[PDB]
Structure formats: C-alpha cells, structure tokens
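The model presented next includes atovaquone.
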Amino acid sequence: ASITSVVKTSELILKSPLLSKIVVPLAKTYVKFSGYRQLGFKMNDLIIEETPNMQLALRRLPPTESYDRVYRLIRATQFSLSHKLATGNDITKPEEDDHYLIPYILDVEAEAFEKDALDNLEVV
Amino acid sequence: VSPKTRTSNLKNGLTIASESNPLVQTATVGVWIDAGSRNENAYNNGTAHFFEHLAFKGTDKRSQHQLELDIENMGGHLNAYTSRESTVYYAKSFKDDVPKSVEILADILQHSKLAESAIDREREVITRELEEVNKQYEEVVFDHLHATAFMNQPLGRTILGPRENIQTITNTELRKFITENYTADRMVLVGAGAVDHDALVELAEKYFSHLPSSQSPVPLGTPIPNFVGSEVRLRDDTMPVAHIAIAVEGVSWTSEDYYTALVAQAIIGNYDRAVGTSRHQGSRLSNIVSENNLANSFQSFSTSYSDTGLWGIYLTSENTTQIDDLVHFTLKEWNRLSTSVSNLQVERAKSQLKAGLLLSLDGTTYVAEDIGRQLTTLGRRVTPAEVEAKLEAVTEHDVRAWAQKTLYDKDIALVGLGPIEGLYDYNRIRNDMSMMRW
Amino acid sequence: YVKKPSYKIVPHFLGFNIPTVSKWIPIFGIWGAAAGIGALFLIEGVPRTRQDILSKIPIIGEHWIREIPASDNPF
Amino acid sequence: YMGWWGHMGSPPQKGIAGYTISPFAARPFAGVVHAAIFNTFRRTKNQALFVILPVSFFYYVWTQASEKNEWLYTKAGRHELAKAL
Amino acid sequence: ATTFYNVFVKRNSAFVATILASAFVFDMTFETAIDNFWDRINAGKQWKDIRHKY
Amino acid sequence: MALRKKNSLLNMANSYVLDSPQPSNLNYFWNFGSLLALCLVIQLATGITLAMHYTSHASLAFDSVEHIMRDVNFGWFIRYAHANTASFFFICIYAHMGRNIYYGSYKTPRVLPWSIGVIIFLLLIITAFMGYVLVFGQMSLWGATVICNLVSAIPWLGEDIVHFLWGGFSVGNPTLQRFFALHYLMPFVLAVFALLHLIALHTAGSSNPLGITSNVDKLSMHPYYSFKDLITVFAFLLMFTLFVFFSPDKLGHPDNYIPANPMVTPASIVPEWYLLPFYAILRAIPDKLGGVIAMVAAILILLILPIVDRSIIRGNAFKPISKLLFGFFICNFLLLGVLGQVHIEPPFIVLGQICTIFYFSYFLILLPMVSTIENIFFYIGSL
Ligand code: HEM
Ligand code: HEM
Ligand SMILES: CCCCCC[C@H]1C(=O)O[C@H](C)[C@H](NC(=O)c2cccc(NC=O)c2O)C(=O)O[C@@H](C)[C@@H]1OC(=O)CC(C)C
Ligand SMILES: CCCCCCCCCCCCO[C@@H]1O[C@H](CO)[C@@H](O[C@H]2O[C@H](CO)[C@@H](O)[C@H](O)[C@H]2O)[C@H](O)[C@H]1O
Ligand SMILES: O=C1C(O)=C([C@H]2CC[C@@H](c3ccc(Cl)cc3)CC2)C(=O)c2ccccc21
C-alpha cells in the first residue's frame, strides 16, 4: 500500500470527532506495544524503502536527517543482533518521533500518481 | 485569423505569393525554386550548391564588391539555401527597401557572371566545406541516412556532391543547370511582412519578366524512389555522444497520409534533457527515456519530398552501454502506434499539432518560408482552416492503419555515428519493428 | 476564450485503461484461437479427443473414425 | 537494491565511529549468566502473549473437540452420535 | 497479396495461429498420404494384404 | 586483485558463500536456509546410495527395502537417515516459510525468491511423496492411488491422464518404476530451483528481522554466518541422531511395513505428518474437484501474499496485531495438521471445515484488513 493511502485515510479519521475519539487512543497504545521506539527508531525508519518511489524520497532527505537516519538504523541493527533494547537517550521519546520522511514520500508519490493519472487523460 | 495569402502569376509562369502583416516594419522577399540537388545527375552532382556560392560572386552589372556594398546599403541581408528539392534565395530588408532587394535577387539569379576565376576560387572554398560539415553531427547523420535510405538514387546524393565533381564543375555546366532548372514555372516570388501584393507583382513584372519558361510546364511540386532498408555505422569511439537516426520510408507532401504521419510523429515527440519541461512530457518514450537517462535527446522527424519521405527519429545519447535499451524502447514505442494507440494519444497529439503548425510561423522569414515551402510542394498555400480540417480528419483508426502499413515490421534505415559499439546489429534492431506479442 | 483545458482522466488500473485494452481484445481472440488450435493439435492423439471432439466434425471427422478389425486386435 | 562491498548502496554515512575489539581480546562469554537469566527472561516475557494466546485457544478447541468425540463413541453418547449422523 | 500479408502474417497472434492450423492440416494429410504411399510400395507384403485369406 | 574475485568460477562461489554481504542482525531463524541445504545434501547422498541397492520393480521393491535394512552394511542407517531427513526437511521448510511469512520476506523486493520458493515447496511435496511410494508398502500404494487420481478432478481428459500416469489401470509395477525415475530426478530439479531462488534473492539480499534496509551495516557471509550455521548444523544433527539412531520409526506409519496389497486399504489412512495439513483440507471439502482445488490452493495461495499484505512496514517484528494474527494462523495450520490424523468422525468434520475456512481467510480477508489498519495505527499513533 502507498503512503499516500495511509496518510489520507489517517486524515479522514482525525477529522471525524467520533472516529478520532476512539482511534487516536488505540493507535497510541498500538505504537507503545509496537516497541519500535525501544530500538530507537522513529516510525518512519520502518517504512519499506526498496521501492523506486522510496529510494527517490530518501535521496531528497536533507543531509542532516539522512545521516541521522543511517545512524539510527545502524544503532538499531546493533541492538537487534545483541538482543538488547535501547536505554536512556537511545529510546525514542514520543516528542522525537517526527514524521521526517512522510513529507518527502508524499511529494514523490503525489507526482507519481499525477503522472499515472495524466497518462490516462482524455481530451474532451 | 491570419491575413489572406494573395497569389498572382506572370505570363512566363512565375508565381507571386504574398502575405502582408501591417504590424511589422521589415519584409522578407525571396524566390523559392522547385529545384535542388535532386535535379542533378551523378556527373554534375554538387552543381546546385556550387551555384549558391557563385550567386553572390557578382553579376554582369555589379561586381562581387559592388554587390556586397549594395546589400550593405539596403540595410538587411540576403540568404540562400539549397536542399535536395528546394532552393531558396531571400532578402530580409526594411519596408521601403523591398524594390532594391527584388532587383538584387533578380540580378543574381538571371545575370550571374560565373567567371572562370570565381569558379576556381570557390572550388577550394567548397572543397573545404566537405571537411567542416564533419563537425555538424546531426547533418552527418542525416546525410548518411539519405545516402543509405535512397541508395544510388537522386535523393540519396548529398548536396555538396563528391570531391571529384567539385574539381570538375565548369561555368558551362553551372549555366546549363540554372538555365534548365531555374525556370519561371518552377519559381515562386514570395513576400512576407510589410509588402503590398500589387507592388510586389509590379516588381516581378519589372525584373522577372524575361525569365525562361520550361518547354513542358508541369505544376509546382511535381516529382522513382525505392527505399533501401539498410544501415550505416560510423563507429567513432573517440566521440562522447552517439547519434543514431532510424527512419522508415515516410510520406510525400501530397500523400493522403501526410497529416496522419505528422500526428504519428507528434505521438512519439521530441525530448531534450536540457529543456526544463521535457521530463514532464506526455510522450511514452519521453517518460522512458527521461526516467532511465537513456538519451540526451530525441527528435522525431517526418521529412517529406515530392514523391517519398523519411519518417523516423534522431537520438543522441552519452549512455553508451544502454544504447540497446534506447533503441529497443524507441522502436517498441513505434510498435505501439500499430498496436495500442487509441483516442487518448491521437487526440493529445492532434491538440499539440493544431497549435504547432501555426506556432512555427512567428516571424516574416518563417512566414515566407512557409508560403514558399507550401507553394513549391503543394502548388498552393493551405489556409489554417483547411489544415485544421485535415488534422481533425485524422482518427485513431487512421493512425493505426498508417503505422501498420508504414512502420510495422518494415525495413528501417539506421545510421549510427559515434560510440555505438552497444548498438546491436541490423537484424536485432529490425526485429524490434514488430511485436511477437501482437 | 478558453479558460481551462477540457479533459477527463479515464479510469485506469496498473497502467491499463479501457481504450488501450479494447484495442488488444481482438489479439487475445487470435491468441486464444492459437492456444485452442495448438492445444487441440497436441491432444489430437488422445483417444478421448478423437472420440468426443474430432470425429464429430462434419466431412473431416471421418479421418478419426478408424476401427481396428477384430481379426487383428489381440485386446 | 543492494550493491556490493564498496558500493553497498547505503545513504552516505558520516559521523559514525565504530569501535570493536579483537575476538582474542574479548571474553566471548562475558556476562553470559546475566544474559542467560535476565535477558532471556526479558525477551521471553515480551513475546509470551503472542505464543500463549493462540496455543491456549487452539489447545482448548482441540481439547473440547477430542473430549466430545470421545464421549460420542461411548454408550452414553449413543443418541448424540445418532443425531450427528 | 498485401491482403494475405495483412490477414495471416502481420499480427503474430494470427501468424502463429496460421502456423499451428497449417501444422494440424499438414499433420493429418501427411499421415494419410504416407499411409497410402507405404501401402503401395509394400503392396501384397503387409498383414492387411494377406489378412483376407483368414 | 584477489584470486577469489579474479577467477570467474571462484567469483561465483565467492559471491554466494564467502563475500556475500549479509545483514548483521539475522537471527537463528535465518539458519533454516542452510539446514534445508544440508537436508538436501543428506538426501542426495543417502538417496543415491539407496538407489544403488533398491530395485524399482514392484515384485522386488518392498523386498529390496528389507534387504537394505537387513543385508546391506549400514543399510539401516542409510535408509532411516533418508526417511528421517525427509521429515526434517519438512520441519525446516515449514520453519523457513514460517520465517519468511513472519518477517515479510515475501514483500518487494523479494517477491521473486518467494514465488520461486513456492514452487520449491510444491516440488518438495511431490519429491517426498514420490519417494514415499517407492517402498511399496500399504500406505505407499494407496498414496500413489490418491495422488495420481487428483488429476481425475480435471474434467473430461482427467480419467485418461490418471491411467497414463499409472501406465495401467491401477497402481502397479509401471507406476512404481516411473515413480522411481522421477523421485530420483525431482531432487535435482529441486536443487536447481533452490539455487534459482537464491540467485533471485541476490539482487535484494537477505531481509532481516527488523525489516529495515541492511545496506547500512553488512557482514560477510563468512566467517559470521558460516560459523552461525554450524551451530544449527550440529543442533540439527543432534535431533537427527535422536531419531535416526534411537527412534527411527517414530515419524513413520506402521502400515508401510506391510507389503502393498491392492485389495485392501488400511482402515487407518493417515499420510506423512507433513502432508497432514493439506490432507485435512482435502477431507474438509466434500466435493472431488473442490477438495483437490482447495488442497492445491492452500499452497498456491502463498503466491498472493505479496499482494494482500498491504503493510507499509516489512514484517511483523513491530506489528503487535499482525503478530497475533500470525500466531493464530500458525496454530490453525497446526490444528489442520492434527485434524489430518484423527478419524473422520464428529465433531472433527465440522472443526476441520472451520479450520480450512480460517486458513484461507487469513490470506483473503484478515491479512489485507489487519495490515491496512496497522498502517493507519502507525501513522496516527506516532503523530
Ligand atoms: C530446498 C529448499 C530450500 C532451500 C535449500 C532454501 C535455501 C535458502 C537460503 C540458503 C536462503 C538464504 C538464507 C536464509 O534466509 O535462510 C533462503 C532465503 C529465502 N528462501 Fe529459501 N530455501 C528453500 C525453500 C524455500 C521455500 C519453500 C521458500 C518460500 C516458499 C523460500 C523462500 C525464501 C525466501 C523468500 C528467502 C529470502 C528470505 C530472506 O532472507 O529474507 N525458500 N532460502
Ligand atoms: C528432497 C530430496 C529427497 C526427499 C525429500 C526424499 C524423500 C524420500 C522419502 C520420504 C522416501 C520414503 C522413505 C521411506 O519411508 O523409506 C524416500 C525413499 C527413497 N528415496 Fe528419496 N528423497 C529425496 C531424494 C532422493 C534422491 C536424490 C534419491 C536418489 C535416488 C532418492 C532415492 C530414494 C530411494 C531409492 C528411496 C526408496 C528406498 C527407501 O524407501 O528408502 N531420494 N525418499
Ligand atoms: C559452493 C558454491 C555454490 C553456490 C551454491 C551453494 C549453496 C550456497 O550458496 O551456500 C550458502 C552458504 C547459502 N547460505 C546463505 O545464502 C545464507 C545467507 C544468509 C544467512 C545464512 N545463514 C544465516 O545464519 C545463510 O546460510 C546456502 O546454504 O544455500 C544453499 C542452499 C546453496 O545451495 C544451492 O543453492 C544449490 C543447491 C545445493 C541447493
Ligand atoms: C551447481 C550449479 C553451477 C553454478 C552455481 C554457482 C553459484 C551460482 C552463481 C550463479 C549466479 C551468478 O550471477 C551473478 O554472478 C556474479 C559473479 O560472481 C555475482 O556478482 C556479484 O558479485 C560480484 C563480485 O563478487 C559483484 O561485481 C556484483 O556486483 C555482484 O552482483 C552475482 O552472484 C550474480 O550477479
Ligand atoms: O488420501 C490421501 C491423501 O490425500 C494424501 C494427500 C495429502 C497432501 C496432498 C498435497 C498437498 C499439497 C500439494 Cl501442493 C499437493 C498434494 C497430496 C495428497 C496422501 O498423501 C495419502 C497418502 C496415503 C494414503 C492416502 C492419502
């Protein structure tokens, strides 16, 4: 599934008061149990990147954000192989779990989906 | 709505065609001739281009130097080009300098000295032009492409002609050439810009009245070409960019498929990585090429002649290891003209052409070139309304029908110049002219 | 005067649209015939194929009606 | 998508210093007791529910089915078996 | 002749269909033709030729 | 430049077993690939050895297997090793497919090795089965009958195909000899496909348990994974030894020590432990064609995991809901296994049907739905 899909659907939920009231607490618990923060990941580090679109989004990251992503992945790989969890400052605090990549992939995909749409346009 | 193109004849059969634009202050008058390199045989090949040089080498009245001064004093410039089927001699000037320019053009065409001393002088200049076109890769490719596509036929000859001919061209055979070919019934005096038609016809009655008429006056744009599927490879590993042209036998100016072939050409389109917008063009090939950096550029063309044409594509690429992909994808895009095109591509290309055919004409020299080209190839100027009607008549079914008879599984003329090690042999290229899946 | 270009996006899926696919419908037809002809040709030897298909074809079908005389048949 | 040594296709790395020591210089079993007890308990506890829930449910389901099946083929289960067939 | 090319050869689907249908026809006729030929060159030799005695 | 890199042949070996860059954090579930390689090597060695002693003729086949057990030096070992490794091959291959499903190894960019893998899984089933038949005990003959009658499901031509695969009107000598030929052949085909799915994988490299790229942190295949794979080699051989030497018949059916009698089938028909899940599927469906389709579809449906998993995240390490769903799916596949070996009686008939529906609903309903919802929970949950 595309990140665009996921983001638009999430926005539909956050709009509806009823929906957000029941879903936002679920999703926050889900994320706590997911436990990716315990390896010092940001949510966006876990998005599948072996795709044309994502490779392009990752090339668009500012050098700073890109270097830090590499570090978090290296560090998480090291936690994984040691079967340890992050401790202290390595644990991702909720305030640090920023969607650094979502804007870039949404732009990549916006263009890719526009391209598909316009490839199928019919002059009227 | 552009102003009406007025057309008059003289007694000898010279056509005068004019399109006034009272919004501009310059004017391009010139003479379009339905004659070019094609009108030579093999012995005098190169004569037409030779003459173009000698036209400005002085007349019975004005010497070379006097000629130079007369035009400098006019203010504008004179220009000429000889192609295979058409010779043009025009003069861009100011509005009120038009009587001078018509007078100068009439002089250089009728009353050229062609002095043995000047023939001998230009014989070196033209010989040196043979080894300096070498640089203009586009032209080298297209000259080979004609040479191969129309192997040992008049269209296959170059314009400059072989070295051997340049050394043996005499003032006699030059005179004979322009007496046989530059006849009134084969010429069109064209004025665009700040010209009055009635004034231009008077200038033609004054200057071009004693032009020879041919014995057998055929209509303008009257022609037997047998295209050869073939390749020329001019591999040059030292060159950084490969230039490849691929062409099939295309359409003549007067073909029933002329607009269909232009539409088809617009579906494949042009691409140039140096233009900002090109990565976003609708053309399927453009998308493949830009995403994969397969080419620096490609340019579809449909060159027409009186009785045949070439339709094809000209590619440039620095991606020397993926030329196979570049050619593969290009020819697969042509295959889809036969197998896949629908109203989606056809209507898009028609929209882009409906504008394109009118966009081209943006200055007096372009207008004159359009009047002149149309009058010497079709015998009339086709109005924008008629052009819009002929384009509207092109349906998706017509494009598929045309592509299936002209492109699909047809022999190609392929010319490769440069680091084309990666271009496969002729069979593998020609195999891409069909789809086994269809 | 024209204020906006006049178009729609045709429905599409995996880069196929109905205009394009409709142009290939005939070709699937022929390939289906080729697969039919070819498949039937492959199993022309199968006795069931003769019994149930090929012997039923008018005129031509007698090609596949062959009885071994019981004098020459051990089974 | 993956390259090879030298051009693996990592986004450019900068600013990570990696240090390790020789296998001969390290105790391979350092803190093995701690890990074997406390680390394995941690990892087991965290995954326990993902195993326990489906195993316990399908063991319950199997148990109920096997007990019913056993009972149907007793004398007491004659009538319920006759209905089942 | 253009027509024949356009119908049976231009589309590969059509060409392959034509080749397989031709193979069908050839296969059936070749079998029958060789059977008759084989019986003529080995006339009076084969079981079918002496079978009538029994 | 190093010889191992210079020489074309060595360079191919090098690229697979020595310099191959692997993620640094593969856990023990990445070891099944090499165990399946070891099983495949054991099977080839013991198999070719049994082929030197086994006689394919139906009048002699069962007796040649007894001769192997009794007269051939170490024949007992070779026979039991071959039979038991066939069981271990399936433990390892379900483990390996398990690992792949749990960690989303089937997702792009690894759909090709996954899909080739699904074919290896089918070939293993056919190989192991064809090998089961060669003993020509009671279960062997009956198994042959059923597998060769699955093509009767195919309408019209079906019945004739059955006779063609038997080379007779029943399973008999012809069938047994052609099963021998193909059982010898099929493993080499399987080793080709095993190699191919590795070659397909070599474009993307192994996945890893985090499901993130490993391009940031790679380890040479040797020495790290070579030595890691020895641990499981020795753990596998310990389990192998316990079966082969101490309980060689625990994984077997007694009935296969009865010679094939085409006149009776044993009242207790229960196939190999590894075919049991699909056998329960076949029993569940009360239609001939239905039952066969469902059973084959239970394998072929793995081919659609690349489509129906809609997750933006690769694998289940970080997806609590998906992990629970996967746990229930795995346990249901084990329940199907169990139901494959009970008697066809109430209440297990209905239960087997419910488990069959749950098996398919994982691919068709639950996975697409859960993966969609978790996408949304990750995005909302992290804002
Ligand atoms: C003869 C049987 C098989 C052998 C010998 C084999 C061997 C291997 C090996 C050595 C690897 C790389 C290391 C590893 O990840 O364990 C691997 C990876 C893989 N195998 Fe298999 N395999 C076999 C059957 C299968 C089957 C049946 C499937 C799928 C249904 C499968 C799918 C894969 C996939 C998807 C990978 C990539 C997984 C990843 O590393 O993330 N294989 N296999
Ligand atoms: C994946 C590879 C293989 C698998 C999964 C496999 C599986 C089996 C199985 C389950 C049996 C039934 C064993 C029994 O219960 O006695 C068997 C028998 C046999 N296999 Fe294989 N086999 C494999 C490879 C081979 C190969 C390569 C040969 C080479 C000929 C071979 C030769 C035999 C022979 C001769 C028998 C019958 C003798 C016997 O039952 O022990 N196998 N195989
Ligand atoms: C001798 C060169 C020939 C190349 C093929 C030989 C084998 C080969 O490539 O071995 C490798 C060691 C490979 N393992 C891995 O990729 C591997 C990768 C990552 C992690 C681990 N382990 C984790 O902890 C691994 O184990 C393996 O076991 O795959 C066999 C199946 C291959 O056999 C074939 O395909 C051919 C035939 C015998 C099946
Ligand atoms: C028993 C069967 C006989 C052949 C089996 C042997 C192993 C399988 C090899 C077939 C696959 C070869 O396919 C190709 O080989 C080359 C040559 O090493 C390898 O190439 C790989 O390593 C080399 C250098 O080590 C790198 O330059 C390259 O980027 C990388 O892809 C890859 O593995 C694969 O791209
Ligand atoms: O009735 C059966 C039966 O149904 C299978 C079954 C189970 C697994 C099936 C299978 C599973 C998966 C695939 Cl991809 C193909 C076949 C093959 C047939 C047997 O193996 C069997 C063996 C001995 C006696 C009876 C029987």
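Here is how names work: the chains are called A, B, and so on, in the same order as the sequence lines, proteins then strands, and each is numbered from 1. Only a slice of the deposited entry appears, and the contacts counted are all within that slice. Just follow the structure's listing: the first ligand is 1, and inside any ligand the first atom is 1.
Counting every copy, the structure places atovaquone at ligand 5. The chain that atovaquone (ligand 5) touches most here appears in UniProt under the name Cytochrome b. Heavy-atom contacts below 4.0 Å between atovaquone (ligand 5) and other chains occur for F. The residues of other chains having a heavy atom under 4.0 Å from atovaquone (ligand 5) are listed as F:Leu122, F:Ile125, F:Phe129, F:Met139, F:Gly143, F:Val146, F:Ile147, F:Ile269, F:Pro271, F:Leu275, F:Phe278, F:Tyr279, F:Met295, F:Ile299.
UniProt's transmembrane segments of chain F, taken in order from the N terminus and checked for a heavy atom under 4.0 Å from atovaquone (ligand 5), yield 3, 6. The PDB lists the organism for chain F as Yarrowia lipolytica.
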